Student: 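My questions all concern the structure below.
The residue numbers of chain A are those assigned by the PDB entry, with the residues present covering 611-763, 786-889 sequentially. When a ligand or atom number is given, it counts from 1 through the structure's own listing order. All values below come from the heavy atoms of this structure, side chains included, with hydrogens, waters and symmetry mates left out.
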Amino acid sequence: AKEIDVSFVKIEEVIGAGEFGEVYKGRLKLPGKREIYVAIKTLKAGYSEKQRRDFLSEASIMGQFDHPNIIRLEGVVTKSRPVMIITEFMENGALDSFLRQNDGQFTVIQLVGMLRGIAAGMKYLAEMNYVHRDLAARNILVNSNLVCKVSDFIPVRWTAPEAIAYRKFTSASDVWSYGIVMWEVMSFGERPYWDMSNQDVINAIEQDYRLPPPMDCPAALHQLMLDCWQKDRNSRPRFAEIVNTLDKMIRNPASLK
Ligand SMILES: CN(C)[C@@H]1C(O)=C(C(N)=O)C(=O)[C@@]2(O)C(O)=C3C(=O)c4c(O)ccc(Cl)c4[C@@](C)(O)[C@H]3C[C@@H]12
């Protein structure tokens, strides 16, 4: 939780209306340091002291994380009004819209690199005993160099069956969600289960339906999705094994067909 003087921040265009409030693209220029682009999150106008505390508690959590695939907190504005959370700027935005706007424009190995980065950030979060519960391509952000970073600090079709049926949220239910993300990425942002209703998805999953390989998806990558979607949460790979499998695919690209 580093305190940033608001005079070091210039707020430019709006780039989103999140749930707590608005997000802006801005510039951060600390004395003696090179200027960087940042995302500035604001709380909706008229926020209560309780909403303020809730907001700054989110910041406190983000500040604990220091990983290349986790959104970096630059600092907070709390001495002046309104409060703000300042994070690193991700030029390409949310991963799902980024893929939908660039359909077919990335190679398989670029896509696997993106998935590897996400798995590495998720490994770090799980190692620190945090369960995301909301892992989806819409909650991953992408910088100018295609590095993907986990953000967003019940979406039924992203959620593990035990998490829906028994509210048991663990890193193993995040792994289920990660398998759905893999499918979104390899499909360039298709909707999981398409137009199936939430209950249709639940019923299908209970009858051992699983999503098919996206077009031109390597068989080995779709198999790793299916491993993530094992009914028994203990049979799923942990994020450490996912990273190692994706590394081995990257290091052995013949594995990709
Ligand atoms: C902390 N808060 C400001 C937002 C958030 O939830 C993040 C986080 N620390 O988990 C972000 O990554 C964000 O901090 C963050 O980095 C965002 C951001 O840079 C961005 C860019 O660059 C392009 C498109 C979009 Cl949609 C976004 C955008 C709206 O998702 C924001 C979100 C914020």
Student: What drug do PDB records list at ligand 1?
Tutor: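 It's listed as chlortetracycline.
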Student: Name the macromolecule with the most heavy-atom contacts to chlortetracycline (ligand 1) in this structure, as the PDB entry names it.
Tutor: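 It is bound most extensively to Ephrin type-B receptor 1.
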Student: Please list the nearest protein heavy atom to atom 21 (C) of chlortetracycline (ligand 1) with its residue and the distance rounded to 0.1 Å.
Tutor: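 Here the nearest protein heavy atom works out to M700 O, 3.0 Å.
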Student: List the closest protein heavy-atom neighbour of atom 7 (C) of chlortetracycline (ligand 1): residue, atom name, distance to the nearest 0.1 Å.
Tutor: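 That would be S761 CB, 3.8 Å.
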Student: Among all protein heavy atoms, pick the one closest to atom 9 (N) of chlortetracycline (ligand 1) and tell me residue, atom and distance.
Tutor: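 Among all protein heavy atoms, the one nearest atom 9 (N) of chlortetracycline (ligand 1) is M672 CE, 2.9 Å.
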Student: Does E698 reach chlortetracycline (ligand 1) with a nitrogen or oxygen that is under 3.5 Å from one of the ligand's nitrogen or oxygen atoms?
Tutor: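 Yes: some nitrogen or oxygen of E698 is under 3.5 Å from one in chlortetracycline (ligand 1).
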Student: Do any nitrogen or oxygen atoms of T697 come within less than 3.5 Å of a nitrogen or oxygen of chlortetracycline (ligand 1)?
Tutor: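 Yes; the residue has a nitrogen or oxygen that sits under 3.5 Å from a nitrogen or oxygen of the ligand.
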Student: Determine, considering heavy atoms only, which of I625, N702, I696 sits nearest to atom 29 (C) of chlortetracycline (ligand 1).
Tutor: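 Considering heavy atoms of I625, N702, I696, the nearest to atom 29 (C) of chlortetracycline (ligand 1) sits in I625.
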Student: Just to confirm my output: which protein heavy-atom neighbour is closest to atom 31 (C) of chlortetracycline (ligand 1), and how far is it?
Tutor: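 Here the nearest protein heavy atom works out to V633 CG1, 3.7 Å.
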Student: Do me a favour and list the nearest non-hydrogen protein atom to atom 6 (O) of chlortetracycline (ligand 1) with residue, atom name and distance?
Tutor: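 Here the closest protein heavy atom is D762 N, 3.9 Å.
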Student: What residue and heavy atom of the protein are closest to atom 12 (O) of chlortetracycline (ligand 1), and at what distance?
Tutor: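 Closest protein heavy atom to atom 12 (O) of chlortetracycline (ligand 1): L751 CD1, 2.8 Å.
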Student: Which UniProt domain would you name for the part of chain A holding most residues in contact with chlortetracycline (ligand 1)?
Tutor: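 Most contacts sit in UniProt domain Protein kinase.
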Student: When you measure from atom 18 (C) of chlortetracycline (ligand 1) to every protein heavy atom, which one gives the shortest distance, and what is it?
Tutor: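 Result for atom 18 (C) of chlortetracycline (ligand 1): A649 CB, 3.7 Å.
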Student: Give the UniProt active-site residue in chain A with the shortest heavy-atom distance to chlortetracycline (ligand 1), rounded to 1 Å.
Tutor: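 The UniProt active-site residue closest in heavy-atom terms is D744, 9 Å.
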Student: Which residues overlap between the UniProt ATP-binding set of chain A and the residues with a heavy atom under 4.0 Å from chlortetracycline (ligand 1)?
Tutor: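 UniProt-annotated residues with a heavy atom under 4.0 Å: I625, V633, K651.
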Student: Quick one: look up the protein heavy atom nearest atom 24 (C) of chlortetracycline (ligand 1) and list residue, atom name and how far away it is.
Tutor: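 The answer is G703 CA, 3.3 Å.
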Student: Among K635, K651, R748, which one puts a heavy atom closest to atom 2 (N) of chlortetracycline (ligand 1)?
Tutor: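 Residue with the shortest heavy-atom distance to the ligand atom: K651.
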Student: Report the binding site of chlortetracycline (ligand 1) using a heavy-atom cut-off of 4.0 Å.
Tutor: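 Heavy atoms within 4.0 Å: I625, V633, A649, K651, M672, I681, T697, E698, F699, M700, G703, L751, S761, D762, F763.
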